[PDB]
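In this PDB entry you will find donepezil.
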Amino acid sequence: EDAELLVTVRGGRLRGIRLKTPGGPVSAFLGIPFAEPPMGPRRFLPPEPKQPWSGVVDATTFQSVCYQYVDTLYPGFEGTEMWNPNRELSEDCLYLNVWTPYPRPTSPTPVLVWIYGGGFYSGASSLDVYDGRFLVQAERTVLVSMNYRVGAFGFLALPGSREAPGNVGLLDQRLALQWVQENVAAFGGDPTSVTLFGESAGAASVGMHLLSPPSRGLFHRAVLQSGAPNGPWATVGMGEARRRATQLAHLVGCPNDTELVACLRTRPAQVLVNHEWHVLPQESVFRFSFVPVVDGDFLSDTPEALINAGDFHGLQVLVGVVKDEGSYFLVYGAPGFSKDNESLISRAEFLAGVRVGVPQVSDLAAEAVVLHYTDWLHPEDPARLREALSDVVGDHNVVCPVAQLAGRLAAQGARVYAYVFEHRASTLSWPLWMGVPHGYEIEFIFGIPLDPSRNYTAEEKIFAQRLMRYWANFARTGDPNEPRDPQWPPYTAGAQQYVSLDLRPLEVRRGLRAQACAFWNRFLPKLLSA
Amino acid sequence: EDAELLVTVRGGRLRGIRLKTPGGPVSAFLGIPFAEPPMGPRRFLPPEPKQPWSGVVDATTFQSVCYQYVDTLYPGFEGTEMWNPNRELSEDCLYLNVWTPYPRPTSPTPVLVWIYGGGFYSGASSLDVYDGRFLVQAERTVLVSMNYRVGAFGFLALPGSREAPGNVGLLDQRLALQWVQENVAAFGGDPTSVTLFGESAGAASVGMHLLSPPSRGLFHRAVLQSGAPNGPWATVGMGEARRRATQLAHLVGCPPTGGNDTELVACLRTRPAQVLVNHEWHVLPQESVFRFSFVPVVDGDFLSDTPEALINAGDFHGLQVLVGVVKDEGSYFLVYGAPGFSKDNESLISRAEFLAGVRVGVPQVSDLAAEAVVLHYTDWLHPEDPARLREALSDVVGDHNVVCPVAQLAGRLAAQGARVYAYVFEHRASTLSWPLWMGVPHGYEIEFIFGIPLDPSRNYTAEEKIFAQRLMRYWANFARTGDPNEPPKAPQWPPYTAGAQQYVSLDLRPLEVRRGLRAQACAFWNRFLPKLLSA
Ligand SMILES: *[C@@H]1O[C@H](CO[C@@H]2O[C@@H](C)[C@@H](O)[C@@H](O)[C@@H]2O)[C@@H](O[C@@H]2O[C@H](CO)[C@@H](O)[C@H](O)[C@H]2NC(C)=O)[C@H](O)[C@H]1NC(C)=O
Ligand SMILES: *[C@@H]1O[C@H](CO[C@@H]2O[C@@H](C)[C@@H](O)[C@@H](O)[C@@H]2O)[C@@H](O[C@@H]2O[C@H](CO)[C@@H](O)[C@H](O)[C@H]2NC(C)=O)[C@H](O)[C@H]1NC(C)=O
Ligand SMILES: COc1cc2c(cc1OC)C(=O)[C@H](CC1CCN(Cc3ccccc3)CC1)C2
Ligand SMILES: COc1cc2c(cc1OC)C(=O)[C@H](CC1CCN(Cc3ccccc3)CC1)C2
Ligand SMILES: *[C@@H]1O[C@H](CO)[C@@H](O)[C@H](O)[C@H]1NC(C)=O
């Protein structure tokens, strides 16, 4: 038997599995329980630490995916399916995975912790695109990823109530981070060097852990990919959380918070999922029903406020976006869009599209969006309208919240690095008009192109290797840069420098869509407040 | 006596003068009375037609400049002095001028009627830069210009009252236009072919005549240079006009605030002209530039609704219009009140000075409105670069006051039947004494349109002389045909339309066609900002 694959953690003994990569083997421990199954009376409640077990837990395979909506927009299409659950759905889903070099490191190795995105309504650590084996082999880190509750199960909130306090999916993440502090050394990992990285809702999660003091002692550096806690989709107010929870109860035949939650607890998980999208107040894209709530507890204030008022000396952060953040979302609700045509929309469709991309703002606010995003020498040109609406959704939801986060953090003591990821995968099956869509840098960060059984080019493999080195350098030192030879400069509120990530050497540029983001970050709030 | 210099008009006989020009003789009839003098009891009142006279009136020199403020910002500086009165100030100022070819035209000749600018508070038809001799000689048109009352004398309004109804300066202009209809034939002019042209406040006046039915029958074509009736400086509401009128009276002791209008006006009529003028700038509610105390009032009479409304809801089929702006409409105004500015230095302002300048250049709007202006005119990759800030403030003042109002008028007119032509004037005169940072400032295309560079005593280059001849040709072609284009191989000046938005650059180089009159900027001022002010 293989002693490298036997580990004892606080709760008992584990058996892992040896995995192959083109660079040699790696040790994997998959499906380690970190909480009691949040089932029955535990639905909607904070996670409880997993009670110790006797005998040996089989950690050789991924565990169940937390209950979630399954994307059926284009049935069979690889582009949507690669994000869907690839294991059975269950509420018994609170497991985490550890990948480590082979044989296990016998000295403290820097730890990367992955938090997946999926708008807080979906995602899983078991997805192919999140395979930790290549990063661990190539960069000799320890990699941890956890499942956390999503949708109503993780984020349904009746603020003030004990039966559904909200944010429990965030607590699932915190408990996993505490698990890492207590157990990662048993795998060769160094609990004093833990870097969080996440994408979209995962990035927003990372940011929220930054702004919540009980989490802040569980890690040392942060990476936010295409997401930020201050995104207009990433939190919801107490009032609206209560309304959405109340409408869900109504839609599934339930009626006093105690009674309401008790009736919800009797419903099959799938039933809650089937009505999830229906509690959204207006037609939209890039909006999700059950998200982190600002209730004074996990988040003592809005992330915007907490950001603006924070002291971030001692912090290093890596943040960035893809080239076309908004394009992907247009096919889920914008009139005139399809992955199967050029989506060359009309001015009228563009105008309707704006209310969908920017839901629940006043007509005046919408008018201001149309003003900024119209080229008044070509107001009706379909291609420009397509690009512009992509820009609206992308700037509003991702780029400008990330820019604002980066500016405030840098101006308040943090060292920030910024990137735009500008390579379109040769294997990408979404149409060319989408450019580089949301989510499509991840496979490169994880070194998926190194997988011989996939169709990436030789250059793409080298690129993935560069990216893995940047990310792991950052985890190790707080600085992505290799030894001098073009350098990646820190982002600051003034110079606003970032690099382009693609097949070409690093290129330094200025401004994360500064003109557009001045509108979203500086002007538009003032307008709304009047 | 010389037969060419004798003309009979409806009021009596006139004797003129023979003028020399580089290209041959011109007849000029300068200082023809067209109204009874608005003296004493007639102050603030609509002009009365000049009573007929016996004998011969000598129309041989420019008459008095209408009473007005005299600009003292840079005493002795030619850049400022050239706009100041060059005849004595008098309320007895309602005279016009006719220039005609020598010998007098055998067949009816197209007429150009000039209306000077000057913010409705200043200006005169006697200024050297409005000398009509060259246009008449070069292009064989008849040229008319009139004096009209300005400042309180022309535009103080107590809306409703018969004693100061407002807009009398515009009535001065109309009376002169009626005089052109009744009398221009006697000089060989065609009353069926009359083209109005004006610059700044004169351009805005031209536009108002377009929007006022009793004026509309008096002309056929219009030219608006760097001004529009819909500019935020060009009109004022009834209540604000009354407030300014009342404050003026108060500041000069009338009555011994408000009360009976009849009495308030009667007390105002007893004040010396210069006393009114000395307090004129004091009635402006906030610190500003490009704002003038007494301007046309929207009172439902001369203007039955706002110029914006009238434009938007009008039929302009059968109308030809030529409109345009200079390259740097805003720069001139900054030295009259924007912090940090001077003609004598580079005016490389700080961000703080820029922000303060914004409130001066866009006075009396909400903090939110101002923030919207700062957003659209800040380069957020270079938010504090002094030169960029200087240029930005210039654009703010220029766009808001001139370019965007002109663009809006041009687009609405085109889309509603009018054939429209648009230019941007991009030549900086070799003789310009204002500093280089001002570029091509407000007012400095006029001298070229009038052909002033053909004046031997002046020191323009040969190219500038050639350029002047081109412009005069364009303007006269438009006057004659409603189309500035040469009736060959020469580059064509296409109509301006709401969609293509084509205009030409006018400078030493040949016509270059371009798109959009500050389109991105003007979408802010014309489409969005008004919605923000309603909410
Ligand atoms: C591009 O396609 C959109 C989406 O239409 C769907 O996908 C197409 C490939 C085709 O299979 C359609 O029949 C599908 O409905 C088109 O927008 C739709 O237009 C249809 C009428 O054909 C209308 O009933 C729907 O309301 C529209 N759907 C949306 C999302 O608004 C669009 O016309 C196509 N654009 C082109 C032709 O470039
Ligand atoms: C550029 O000039 C302005 C205007 O100041 C005047 O012109 C100068 C050439 C010089 O002769 C000054 O003394 C004149 O007053 C300057 O702005 C002024 O600054 C002074 C204090 O230094 C202040 O008292 C005035 O109020 C200011 N005037 C205005 C309109 O703000 C400006 O600072 C100069 N820029 C430079 C020198 O970089
Ligand atoms: C079912 O109804 C809806 C479903 C969705 C929306 C709106 C809906 O109704 C309004 C959206 O806005 C979502 C669009 C995203 C779906 C997942 N992908 C892939 C991805 C997953 C995880 C990380 C990065 C990329 C990005 C687009 C789904
Ligand atoms: C005395 O106080 C003020 C005086 C003025 C302003 C503000 C004032 O106080 C706030 C202005 O904004 C005016 C600035 C113009 C003066 C005349 N010139 C030349 C010109 C004349 C006629 C036509 C075209 C150009 C352009 C700038 C004057
Ligand atoms: C204002 O005073 C005059 C002068 O006596 C008078 O004729 C007029 O009727 C008065 N108006 C009013 C309404 O008091």
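Order of the sequence lines fixes the chain letters, A, B, ..., with proteins taken first and strands second; residue numbering starts at 1 for each chain. Atoms within each ligand, like the ligands themselves, are counted from 1 in listed order. FYI, side chains are in, hydrogens and waters are out, and symmetry mates aren't considered; it's all heavy atoms of this structure.
Counting repeats, the structure shows donepezil at ligands 3 and 4.
The chain sharing the greatest contact count with donepezil (ligand 4) is, according to UniProt, Acetylcholinesterase. Other chains within a heavy-atom distance below 4.0 Å of donepezil (ligand 4) are, by letter, B. Under a 4.0 Å criterion applied to the non-hydrogen atoms of B:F290, donepezil (ligand 4) contributes the atoms 12 (O).
Contact annotation: B:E199 has at least one heavy atom less than 4.0 Å from an atom of donepezil (ligand 4).
Of the candidates B:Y336, B:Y116, B:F292, it is B:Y336 that places a heavy atom closest to atom 14 (C) of donepezil (ligand 4). B:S288 counts as a contact of donepezil (ligand 4), since one of its heavy atoms falls under 4.0 Å from the ligand. Checked against a 3.5 angstrom limit, the closest N/O atoms of B:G118 and donepezil (ligand 4) fall outside it. Counting only heavy atoms of the protein, atom 22 (C) of donepezil (ligand 4) lies nearest to B:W83 CE3, 3.6 Å. Among the UniProt-annotated huperzine A-binding residues of chain B, those with a heavy atom closer than 4.0 Å to donepezil (ligand 4) are the following: B:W83, B:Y332. B:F333 CE2, 3.8 Å is the protein heavy atom nearest to atom 15 (C) of donepezil (ligand 4). With ligand atoms numbered from 1 in the order given, donepezil (ligand 4) contributes 1 (C) to contacts under 4.0 Å with heavy atoms of B:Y69.
Scanning B:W233, B:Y332, B:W434 for the heavy atom closest to atom 27 (C) of donepezil (ligand 4) points to B:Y332. Protein heavy atom nearest atom 8 (C) of donepezil (ligand 4), with residue, atom name and distance: B:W281 CZ3, 3.6 Å.
In the deposit, the organism given as the source of chain B is Homo sapiens. B:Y121 OH, 4.0 Å is the protein heavy atom nearest to atom 17 (C) of donepezil (ligand 4). As for UniProt galanthamine-binding residues in chain B, a heavy atom under 4.0 Å from donepezil (ligand 4) is present in B:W83, B:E199, B:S200, B:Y332.
For donepezil (ligand 4), the atoms closer than 4.0 angstrom to any heavy atom of B:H442 are 24 (C), 25 (C). Residues of other chains with a heavy atom under 4.0 Å from donepezil (ligand 4): B:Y69, B:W83, B:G118, B:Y121, B:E199, B:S200, B:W281, B:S288, B:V289, B:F290, B:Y332, B:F333, B:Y336, B:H442, B:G443.
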